[PDB]
Structures are given as structure tokens and as C-alpha cells.
Amino acid sequence: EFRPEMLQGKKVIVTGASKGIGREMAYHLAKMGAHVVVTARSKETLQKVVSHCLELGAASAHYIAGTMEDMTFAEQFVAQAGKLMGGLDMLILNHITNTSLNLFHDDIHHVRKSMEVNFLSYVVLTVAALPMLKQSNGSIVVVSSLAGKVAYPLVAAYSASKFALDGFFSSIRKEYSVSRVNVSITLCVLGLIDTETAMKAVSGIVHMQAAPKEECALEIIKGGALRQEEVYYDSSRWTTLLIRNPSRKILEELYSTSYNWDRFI
Amino acid sequence: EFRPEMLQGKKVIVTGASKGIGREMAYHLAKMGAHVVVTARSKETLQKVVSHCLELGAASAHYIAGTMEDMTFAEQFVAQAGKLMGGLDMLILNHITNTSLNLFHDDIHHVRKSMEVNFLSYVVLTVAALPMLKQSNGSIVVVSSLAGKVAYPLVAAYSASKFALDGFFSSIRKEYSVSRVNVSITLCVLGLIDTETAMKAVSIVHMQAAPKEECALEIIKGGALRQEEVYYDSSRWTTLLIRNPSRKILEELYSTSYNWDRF
Ligand SMILES: NC(=O)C1=CN([C@@H]2O[C@H](COP(=O)(O)OP(=O)(O)OC[C@H]3O[C@@H](n4cnc5c(N)ncnc54)[C@H](OP(=O)(O)O)[C@@H]3O)[C@@H](O)[C@H]2O)C=CC1
Ligand SMILES: NC(=O)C1=CN([C@@H]2O[C@H](COP(=O)(O)OP(=O)(O)OC[C@H]3O[C@@H](n4cnc5c(N)ncnc54)[C@H](OP(=O)(O)O)[C@@H]3O)[C@@H](O)[C@H]2O)C=CC1
Ligand SMILES: CC(C)(C)c1c(C(=O)N[C@H]2[C@@H]3C[C@H]4C[C@@H](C3)C[C@@H]2C4)cnn1-c1ccc(C(=O)O)cc1
Ligand SMILES: CC(C)(C)c1c(C(=O)N[C@H]2[C@@H]3C[C@H]4C[C@@H](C3)C[C@@H]2C4)cnn1-c1ccc(C(=O)O)cc1
Ligand SMILES: [Cl-]
Ligand SMILES: [Cl-]
């Protein structure tokens, strides 16, 4: 179904691309011959990722360094990236604030910082990217987790922010259908993935088994390119089968049928 | 299974109690003879509510007016309410920032205000109530929506905040089990309900609303019975289809596979 030629010459933004899954996606897009604008806080690591993207064969690879804590950076970054590539075809929202496995006690500051970085910044980015994506019949790719579909201990603030992405983007997708906005939204529900961040977070939990970041990153690109609503990627075949909720799809399809919202458009 | 005597003499907080579902819950708790501390921004409507609660037979009814936009109010309110009742048995988190059905365009301010009011304030109130509920083996009751389990158009910021409550509280419930915290968490997944707010928002041809009075009772029954989730819609189709057993199987496998005792 998917072809690598589908990404050739496309204008793609990847957030949290200095390392992990974001970096792997940037490299994948580069091998496919895409124009890429990557971001993270570290200018040096980004410069190393951009250098490799050009070697891989990216049509054009650029970086803009800043913190997604700053909503003015987030808004401006989209404009600057859009000018560099002369448009936008895909927006890959992937960055997250630093998190570790820990019991929740009193950390409102972490809960809010998770909400601002992992969620609000995504909305600010989308808002700023939507005119370019509308004129290119584009794609938003939102990187979530199993922890953003199912409840796990030790990642309460993280789970709260990934659950919010589902609520927001799945709702805005329903709206795009009514308001006939031909911009696709892909929510990526990932299991544990073997990035240095995750592997350092999980050190010692021997029974916990990570999936390849390389294939994971490809599966995210394939999903958005094919305009799929949801992408699932875990190492367990048990999880992949059980993660899907058809009961939700039924309730959503019934409301889509039962109501006409044309007197809002 | 449930008995009204279960709430007699209990120390309950109800947020967003000047109107709608919150008001109805306060009155229900008053009929059952509980000690109640109610909150919303309007002092006068709250005073009329605290006066009806005493007539209905509440053991003690009090009000503290303020905005849950203010996290310091939220934190302090719990301490003050706790002092007025000399403890805390149940925390009923119900308030929300004003929302209407509309397409999302550029409203970051609404998305953030919805997250501060509908979500963060709940975490602030929970943190502040926890020692008191711990010493009383208490209950947190979180009022969510179908829109906090399933995706609907025109309530993006609202859906995002109700989805966050699920993520946060369901995760902390897993933690309370590991850390052996005997404080229950009830998430209430409500369908459309006939409150003036809802009926004004829907003035949506075919939408059936459910009775606010029964709804409010069903929320009390659920928390009192320490149920993890409460479902209340007018459709029998919705109530059957709203449950996610796939996620409970996944949760039970992780509960089994891992031991987190060193946390
Ligand atoms: N790996 C896993 O096990 C799982 C990953 N996921 C999701 O995958 C995505 C990527 O994760 P992963 O590849 O492991 O992460 P990494 O930690 O390896 O990469 C995170 C990236 O985000 C950047 N970043 C961190 N903080 C900020 C900030 N405040 N502002 C801007 N950029 C920031 C980092 O660079 P810098 O610090 O230099 O700014 C880096 O480029 C996330 O959305 C995560 O939730 C989902 C489930 C599991
Ligand atoms: N009604 C329905 O159809 C549905 C309701 N729900 C949920 O049920 C709960 C109650 O809804 P409902 O009774 O219909 O709503 P209402 O609008 O009737 O009542 C909301 C309450 O919150 C208070 N409140 C509003 N803004 C603030 C604020 N900034 N700070 C503090 N308090 C505030 C209000 O008091 P005041 O203005 O005086 O401060 C009021 O008492 C909510 O959690 C809602 O999401 C879920 C699904 C459907
Ligand atoms: C680690 C956990 C639970 C949270 C998880 C995730 C996730 O979102 N992990 C985050 C990543 C970024 C941050 C650092 C690390 C890695 C921890 C978390 C914060 C994705 N799958 N998954 C998971 C792992 C194992 C199993 C299982 O064996 O049953 C099921 C699901
Ligand atoms: C109104 C809507 C969709 C969002 C909804 C809710 C909800 O969250 N209602 C709140 C009310 C108060 C505030 C203003 C309004 C009304 C929106 C919300 C905030 C709870 N069920 N439900 C709903 C209604 C009908 C159907 C159906 O016929 O298939 C399915 C679900
Ligand atoms: Cl890595
Ligand atoms: Cl009302």
C-alpha cells in the first residue's frame, strides 16, 4: 500500500528530532528525499542530525533550536520552517518534557509542565501550521503512547498529557470532517521503544521488552502518509490485538450519522 | 447494594455546587444527613443552597466561594472545608469552566483555561485533600463525560480536559494500589443531562437529556460503593458500548507482570 516515493519532495516538520524516535523519523524522511525542518533545544545535536539527513539524501534539511515551553517560540518556529521549505505537507509533533517513572505525590509543577510541553505546545504548533496544511491538503502526526490509551502507574502527568492529545485531536478530526477541512490527523499509540531516554528510564526492569526505534519511526511515517487515524506499535502481539477499541468507533459512527452540524460551518 | 445511611454523618466536599448536577448532589447528601462544604464563584447562590441543605437535613452545610482558576484558592479551600467538618470522607470534584458547542480555530486561551479549571484544579484539590482522606480511608469522585472517553466535534478543549482526568486519576488509582493507599477513585462518565447549562447549549434537535436529580444520586451511589467507574446516559446502547474491557485486560496483565515496591 505505502511507497517511499510518497515522501519525495514533501515539506515535513519533526519536533523532538535531536534524538530518539524523532531523529529516526527525520533520517527516514531524508532517505525518502523529503525537505525537513527539525527542532529540539540542543543546537549541536540538531546540527549532527541535519548533517546526516543531507548525506542520506534529504531534498533540504534545516534546524531551529528552542524550548516548546515557550509558546511564542512554538508559534514562530512554524512560520520560519514554512519559509525555509516554502510550504508544509506534514507536521510531526513528537517532543515531550523530561519524565521518569515515579509515584505522584505533590508535583503540580510537573503536571502543568507536562500539559504545556506535551499537549498545549502541540495545539499552538497545529494552529500555526493549519493554513499551510490546508493549502497543501496536509497531515498532522501526533505521537502518543499505550499510556495515552490505557492507565499505568508511575507516569500520571505523562498519561494525563497523552490522554489530552487523544481528546483534542480526535475531536478536531470529527470537526475537520464536518467543516470539510482536508487535513488528516494520525495519532500514534506506541509501546515501549528502545531509545536511550526510555532504556535509561527502564534500566533493570528485565522483563520489560523494547521495540526497534528504527521500524517504529518508519511505521509512524507510513501511517501519516497513508492518512490513517491511528497507528499502533508495541513489541507484544497481545497488546496490538487488544489495544483497539471498536466499541468507541461504534459510538463515534452513530453520532456522525445521528447529527448534522452544517449550521456551524 | 447501596443504602442512604452510608452517607449519614460523612464529611463531603462538592465543587460546582451553586447550580446543575453539583447542587443536586449537595441536596442528595443533605437528605442523607451528611456534613457538606460546597463551592463555586457565586456567594449568593451558594448561600441559598447551604440554606436548603439544612432544611433537607444535612448534619452541617457550609460554603466557601472562589474561582478554581486560582490554584491557591483550590489548595486553601480544602484546608478550610476540612477544619469546618473536622475531617474529610469524600471529595466530589465537579466544576468546569464555561464551554459552548463551537468549532476549534485559534483558542489556546480556552484550551489552557479548560485545562487549568477542568483538570489542574482537580489535582490541586486532590493533593490538598489526600492526608485527610488517607486518615478516613476516603473517596475521590471525579465527574467526567462521554466526551472524556469518546471523541465528539465542537467540544475539543472540553474533551481534552476530561480525557486528562481519566489519564491522571486512573494512573494514580494504579499507584494507590501499589503504595497501598486505601483511598478510592470514582470516575463518572455522564451522557447529556438536563441542566440549564446543557439545555441552553443544545437548544441539536434530537438529543435526549437525562434527569439531573437521578444523575447526581448515581454519582453519590458510585463513590459510596467505591466503584472505579460510573456510567449514566439515557441510551441503553451507549451504556453497553461505553465500557472498554480491552483496556482492563491490558491493565490486569501489567498489574501481574510488574512489581513496583521499590517506589
Ligand atoms: N521511547 C518510548 O519508550 C516511548 C516513546 N513514546 C513517545 O515518543 C516520543 C519521542 O520519545 P523518545 O524518542 O523516546 O524521546 P527522546 O527523549 O529520545 O527525544 C526527546 C526529544 O525532545 C526534545 N525535547 C525535550 N524537552 C524539550 C522541550 N522542553 N522543548 C523542546 N524539545 C524538547 C529532546 O531534545 P532536547 O532535550 O535537546 O531539547 C529530544 O530531541 C514522545 O512523544 C514519547 O512520549 C511513546 C511511548 C513510549
Ligand atoms: N450537563 C451535562 O449535560 C453534562 C455534564 N457533565 C459534567 O458534569 C459536571 C457538572 O455539569 P453541569 O452541572 O451541567 O454544569 P453547570 O454549568 O450547571 O454547573 C457548573 C458549576 O461549576 C461552577 N463553576 C463554573 N466556572 C467556575 C470557575 N471558574 N471556578 C469555580 N467554579 C466554577 C458553577 O458555579 P459558578 O458559575 O457559580 O462558579 C457551577 O456550580 C461537569 O464536570 C460537566 O463536565 C458531563 C457530561 C454532560
Ligand atoms: C513504560 C510505560 C509503561 C510508561 C510505557 C510507554 C511509555 O509511554 N513510556 C514512556 C517513555 C517516555 C518516558 C520515559 C520512558 C519511556 C517511560 C515513559 C516516560 C509505552 N509503552 N509502555 C509500556 C511498557 C511496558 C508494558 C508491558 O510490559 O506491559 C506496557 C506498556
Ligand atoms: C453534548 C455532548 C455531546 C458534548 C455530551 C456531553 C457533554 O460533555 N455535555 C456537556 C454539557 C455541558 C457543557 C455544554 C455542553 C452540554 C457540552 C458539555 C459541556 C455528554 N454527553 N454528550 C453526548 C450527547 C449526545 C450524544 C448522542 O446523542 O449521541 C452523545 C454524547
Ligand atoms: Cl536514541
Ligand atoms: Cl441547572
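Chain letters run A, B, ... following the sequence lines, proteins first, then strands; residues in each count from 1. In listed order, ligands and their atoms are each counted from 1. Side chains included, hydrogens not; waters and symmetry mates left out as well; all remaining heavy atoms used.
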Item to check | Chief contact partner of ligand 3 - name in UniProt | outcome: 11-beta-hydroxysteroid dehydrogenase 1
Checklist entry - Can you identify the drug molecule modeled at ligand 3? => result AZD8329
Checklist entry - Can you list the other chains with a non-hydrogen atom under 4.0 Å from AZD8329 (ligand 3)? => result A, B
Next on the checklist: Just wondering, which residues come within 4.0 Å of AZD8329 (ligand 3) on a heavy-atom basis?
Outcome noted: A:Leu101, A:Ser145, A:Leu146, A:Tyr152, A:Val155, A:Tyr158, A:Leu190, A:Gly191, A:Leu192, A:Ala198, A:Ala201, A:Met208, B:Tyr254, B:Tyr258
Checklist entry - What are the identity and the minimum heavy-atom distance (to 1 Å) of the UniProt active-site residue of chain A closest to AZD8329 (ligand 3)? => result A:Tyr158, 3 Å
Next on the checklist: OK, so UniProt lists some substrate-binding residues in chain A. Which of them have a heavy atom under 4.0 Å from AZD8329 (ligand 3)?
Outcome noted: A:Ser145
Checklist entry - Using 4.0 Å as the heavy-atom cut-off, which UniProt NADP(+)-binding residues of chain A are near AZD8329 (ligand 3)? => result A:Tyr158
